[PDB]
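Next up: a structure with rituximab.
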Amino acid sequence: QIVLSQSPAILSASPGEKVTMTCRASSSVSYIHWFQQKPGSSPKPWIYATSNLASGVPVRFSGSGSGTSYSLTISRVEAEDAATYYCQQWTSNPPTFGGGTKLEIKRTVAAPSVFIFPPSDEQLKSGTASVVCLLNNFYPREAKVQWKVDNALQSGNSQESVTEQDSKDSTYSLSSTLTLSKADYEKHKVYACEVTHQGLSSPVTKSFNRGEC
Amino acid sequence: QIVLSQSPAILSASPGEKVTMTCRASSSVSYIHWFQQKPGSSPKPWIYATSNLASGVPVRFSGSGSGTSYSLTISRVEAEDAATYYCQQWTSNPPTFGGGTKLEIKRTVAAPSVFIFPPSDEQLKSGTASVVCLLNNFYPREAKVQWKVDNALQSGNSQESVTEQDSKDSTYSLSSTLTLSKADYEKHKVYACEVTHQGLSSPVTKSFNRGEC
Amino acid sequence: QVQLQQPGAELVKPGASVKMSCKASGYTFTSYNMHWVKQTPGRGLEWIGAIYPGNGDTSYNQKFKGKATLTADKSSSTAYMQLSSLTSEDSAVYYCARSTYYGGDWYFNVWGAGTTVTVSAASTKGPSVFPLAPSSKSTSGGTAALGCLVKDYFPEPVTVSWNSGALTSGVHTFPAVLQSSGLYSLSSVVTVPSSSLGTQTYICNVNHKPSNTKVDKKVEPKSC
Amino acid sequence: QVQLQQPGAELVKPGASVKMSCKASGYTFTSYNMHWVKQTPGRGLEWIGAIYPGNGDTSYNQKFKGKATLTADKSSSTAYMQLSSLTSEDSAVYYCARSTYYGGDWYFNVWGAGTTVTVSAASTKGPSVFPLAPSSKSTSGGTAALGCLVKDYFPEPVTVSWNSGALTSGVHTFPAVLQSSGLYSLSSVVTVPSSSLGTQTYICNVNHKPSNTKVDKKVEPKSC
Amino acid sequence: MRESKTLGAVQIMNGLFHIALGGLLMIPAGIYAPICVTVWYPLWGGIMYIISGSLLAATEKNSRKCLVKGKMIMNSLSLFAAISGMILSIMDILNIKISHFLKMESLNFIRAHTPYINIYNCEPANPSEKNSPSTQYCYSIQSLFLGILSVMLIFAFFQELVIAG
Amino acid sequence: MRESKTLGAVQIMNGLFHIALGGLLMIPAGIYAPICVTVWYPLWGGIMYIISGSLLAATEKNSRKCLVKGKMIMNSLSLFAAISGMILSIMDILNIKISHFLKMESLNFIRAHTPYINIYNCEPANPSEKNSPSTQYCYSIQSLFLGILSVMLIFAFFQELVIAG
Ligand SMILES: CC(C)CCC[C@@H](C)[C@H]1CC[C@H]2[C@@H]3CC=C4C[C@@H](OC(=O)CCC(=O)O)CC[C@]4(C)[C@H]3CC[C@]12C
Ligand SMILES: CC(C)CCC[C@@H](C)[C@H]1CC[C@H]2[C@@H]3CC=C4C[C@@H](OC(=O)CCC(=O)O)CC[C@]4(C)[C@H]3CC[C@]12C
Ligand SMILES: CC(C)CCC[C@@H](C)[C@H]1CC[C@H]2[C@@H]3CC=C4C[C@@H](OC(=O)CCC(=O)O)CC[C@]4(C)[C@H]3CC[C@]12C
Ligand SMILES: CC(C)CCC[C@@H](C)[C@H]1CC[C@H]2[C@@H]3CC=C4C[C@@H](OC(=O)CCC(=O)O)CC[C@]4(C)[C@H]3CC[C@]12C
Ligand SMILES: CC(C)CCC[C@@H](C)[C@H]1CC[C@H]2[C@@H]3CC=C4C[C@@H](OC(=O)CCC(=O)O)CC[C@]4(C)[C@H]3CC[C@]12C
Ligand SMILES: CC(C)CCC[C@@H](C)[C@H]1CC[C@H]2[C@@H]3CC=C4C[C@@H](OC(=O)CCC(=O)O)CC[C@]4(C)[C@H]3CC[C@]12C
């Protein structure tokens, strides 16, 4: 069994740039095959036998390499080129797939709009407290949210999720949720989430006081 | 290089019954492929990898065998089955083809109708003598013609040609031609061809005297 | 034209077994090898094994040699894979694929649509929907953020629309999270002019077909 | 749908050289091996060699390695074979064929229509047509045999019809024989009622398009 | 005593045959090579086996004995090669036939001639191939390597039976 | 004289090496096998080399030497075995590298394990395959056979240098 390493993990370019991505095998191989996948579909074959384009693949693409070192190159990226690319080999048992490369679209930096929602009375009547911290329409994806309650750092009690990237403006939206028991929610006054991002000169905190409405 | 021998050279049956033919390699082979050819066309692929029918091949056919010995079999021969079949191998370098098997249709025995034509007056003015001996609509194909001139056996001076087998009555026709110089044609009186065939209880001679008209 | 067809999803109790099928169409089924592939978000793509339906020879990756079993119906043009003794580790997407010798090497030229396996003991559960009410604590720059929380349902999916689909601009529905209770939770949010929160009515329409749940929730600026 | 197209025939002076072509259509030309095959009535089928147009690697049978030379146009989708120093031994049909890997072994799945090569020094020659007149010496059982001899022409083919094609019943035209003078001769015969040889008119119509010969010969019992 | 000259002769022949089989085994045959070759065992083993032929010098009892006692150390080092070589060969013969206990990267100028090949796993991923000649080659090469290693094992063992005082 | 006991010992070792290489070379590897194996030489050569170790007998000069004179014939026939063995190997090494001067049908129980293989021609009919691993497998097997035969040649030659003594 031989392993294929791909780099970079995330590749970033503007339309009309040239871009390249590389696969290095731990041992020399006869050929590399490349596949494209998008969320919600089967992989598609893309390049076979190192350098032959599959049916319907746009001429923007080409493939090259030999021995242990191979590359795939895109002459002028376009908005439809956004996907994950897997390299593959058949030289030995079992056949193996690389770890994949994800291709983004560059754009300018956009700071998030932040919103916070206290629990609804219907949830409190059910015995649950959920606190939602929302970060809206921002770039880059990399952001950090810390929860603080009465200036006390929370840990291990929150989950977050982020949308896929929007195909028109390339921004992201992110939500984080803090969940406590009702008995713990009413033990404190000030509840906060702290947001740090490249677009922010300092962390921005949005918070509210329990029982103040 | 390995050689493939086929048997029989000529094979025969009546419509509607089973027939079989063999191909034997001098050394064991992984698979045999069978091809069909008719006069005036490229070969067609017929069976690939010992036992798989090619596209459109009628279900009458089947193929079988292993190691050095293989066979092809036809369950119920039909008038369209008449062709030549070659076995073929890819096991070693180069690939090679068998000597082929020819498939006839049997019918009843039919003795030939015999005709003879003296040279035309127009040919004699051109300085040439051609003598044609004709055997018409006979079966089986095996026939022998000996030319005799004034009861002297001719040799090395004749060519003969035969039709293929007619698909509607299954008979053959043959013409044999004797050619002499004019100076030699007029040196003799009695010119003859002698015909021998399985349908004849004794040879039949058709002859004429030169200048008898 | 050539196609491979698979069923969309399977639900399995833990420790039981599941059998899933890939059906071929449009080609001579008995003439090519059929291959199975496993995908997960943590370990990428892994190859399980293959079957040659022309005679029933098989080959396995040793790491799966104790789990899987491949078989084929030479007459019906259907391949089967059986998995036994399922655990939480097996929740993944499984593909069949066809491979052909082409241009001097093999390649996987056609892929099935994929089957999703979930390993879970949990029963069907209808969600509870709680409002994320718009408020001064949710007002910014002439816009307000509001939404619906679709809490604790099973199995996936939930569909969310707004005002029967009359509101679509600026809606973001986040991917569902699997919770430690084994239920899922999801939220959907939208920004609207904050000046008219007092005049405009916004209702999210939540459908959970597996439970036949159909719930409308009004969202209005009742803070807290 | 896949097709390989070849030109029909070639005429070559002895000792010169000839180049013949095989054009592909309907598939990715650069991805398969192209093979050449020779057929003769004496040796049957023999394999000459192959080219892989994807990069120009070639392989030859040693018995032909001094004769042939294989090359391919990667852009125009045309293969070529060149033969040099031709002799009487080279008169054969030559086929191109496409090889694919299928069902666990190679096989030749598509074949070209074939090119016929004739090696001959001889010039074009128009035939002389002599009657084989019907007579009592050609009468049998209420039938008579009559015919036309198409003597000494080059090259092949000759076409024969009777009465502009109004007579076809019982016509047998024999395959042409190559003579020791290097010319060909052919004969065609038909049997008709012997009672009417004096009253019916039978004319054979001989066409030799390569020489543009068009000749009618009346065939009657009146000659000897 | 008088056996000793003969024993030395036998030891020398046994040393040359190791150089022979060690060279033959190093012919390119994939990315992985047997441990003993990556250890270079055959070359040092053979060299030590020959030097330990010192008893060919015979008993020069002139003055204080001229089979100089350092030769007993010389004899003594060669025994270290017999054990370790036997253990190496019986380890490699296991790596060929159950699984890799170890893997070793061969040498770069060897890889230049067989870069796409292994012999330690040998079964195709595509079941259509299980009768292809391509597979029969690989089993034949495994059988040749098992042969060479087993002959090395037995002739190496044939030192330990005798290379001791 | 006193070289003779040594020479005998050397001759015996050289005889066992032929049994070893002869067996190894007979591992299934195709429909055609090297001439020397089909001649069955590696067995008879080694056997006669050991028998010709009869000079292993001590030179008992008991009125007339106990090395019974028939042993001289024994020694001579073993020299005939040495020459013939050398010539067979230098013929086989040519059959591998230019063309078949001869072909020999191997033995039936050998063919039972490699029925679809030949090592004497090794080039694919399909040029797409010239980089396929199957070809590198075939060339590696040829290189092993050239190796084994060349070692047999040199050790067989090492008799003729001395079995005349
Ligand atoms: C005592 C043992 C451990 C080392 C003895 C080393 C040499 C006697 C031999 C052993 C293996 C031989 C190698 C076996 C195979 C090859 C491949 C050979 O290349 C080819 O055969 C194809 C190209 C060509 O040389 O024509 C280059 C030399 C080389 C490294 C040989 C060089 C000399 C080597 C290293
Ligand atoms: C297994 C082989 C490949 C490597 C090991 C061989 C050595 C262990 C042998 C080879 C030569 C021997 C040496 C040859 C000469 C000497 C010098 C001798 O002492 C003296 O001669 C005293 C006078 C002086 O100093 O020259 C003592 C033994 C010694 C060390 C011998 C010790 C053992 C040696 C180093
Ligand atoms: C001094 C003389 C007597 C030494 C002779 C040793 C070798 C010439 C002989 C002895 C044992 C034989 C080996 C015994 C076992 C095998 C395994 C065999 O491989 C298999 O059977 C693989 C398939 C399976 O697992 O059954 C191939 C022959 C081989 C290498 C033989 C090769 C030739 C060997 C090494
Ligand atoms: C001096 C030479 C002529 C004889 C040397 C002793 C032979 C009797 C030994 C040497 C190698 C052995 C052969 C090496 C390899 C094989 C393949 C072997 O089959 C396998 O290894 C796989 C199946 C199995 O046996 O488990 C069958 C026995 C055989 C012919 C061995 C039979 C006994 C042989 C010929
Ligand atoms: C590899 C093979 C071919 C070696 C063959 C060796 C034989 C040629 C040697 C082996 C034993 C020898 C025999 C050993 C004993 C005798 C008995 C001896 O008989 C006597 O009567 C001797 C005393 C007397 O004359 O009274 C004659 C020679 C002879 C046949 C020797 C002749 C040569 C022999 C047969
Ligand atoms: C007592 C010791 C010194 C004997 C050593 C003999 C073998 C270890 C050496 C001597 C010559 C070497 C062989 C000389 C030539 C070749 C051919 C070579 O093959 C090719 O070169 C094929 C390509 C080409 O034809 O150039 C591979 C190495 C090999 C087998 C070598 C393998 C190792 C050999 C047999």
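Residue numbering restarts at 1 for every chain, and letters A, B, ... go by the order of the sequence lines.
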Every instance of rituximab: chains A, B, C and D
Main partner chain, rituximab (chains A and C), name from UniProt: B-lymphocyte antigen CD20
Other chains closer than 4.5 Å to rituximab (chains A and C) by heavy atom: B, D, E, F
Heavy-atom contacts under 4.5 Å: rituximab (chains A and C) vs UniProt TM segments of chain E: 1
Chain B, as named in the entry: Rituximab Fab light chain
Chain E and rituximab (chains A and C): chain with most heavy-atom pairs under 4.5 Å: chain C
Epitope, rituximab (chains A and C) on chain E, heavy atom < 4.5 Å: E:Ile31, E:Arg111, E:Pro115, E:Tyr116, E:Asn121, E:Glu123, E:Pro124, E:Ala125, E:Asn126, E:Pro127, E:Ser128, E:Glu129, E:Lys130
Rituximab (chains A and C) paratope for chain E, heavy-atom cut-off 4.5 Å: A:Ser27, A:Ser28, A:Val29, A:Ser30, A:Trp90, A:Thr91, A:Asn93, A:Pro95, C:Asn33, C:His35, C:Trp47, C:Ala50, C:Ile51, C:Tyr52, C:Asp57, C:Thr58, C:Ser59, C:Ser99, C:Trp106
Chain A - name per PDB: Rituximab Fab light chain
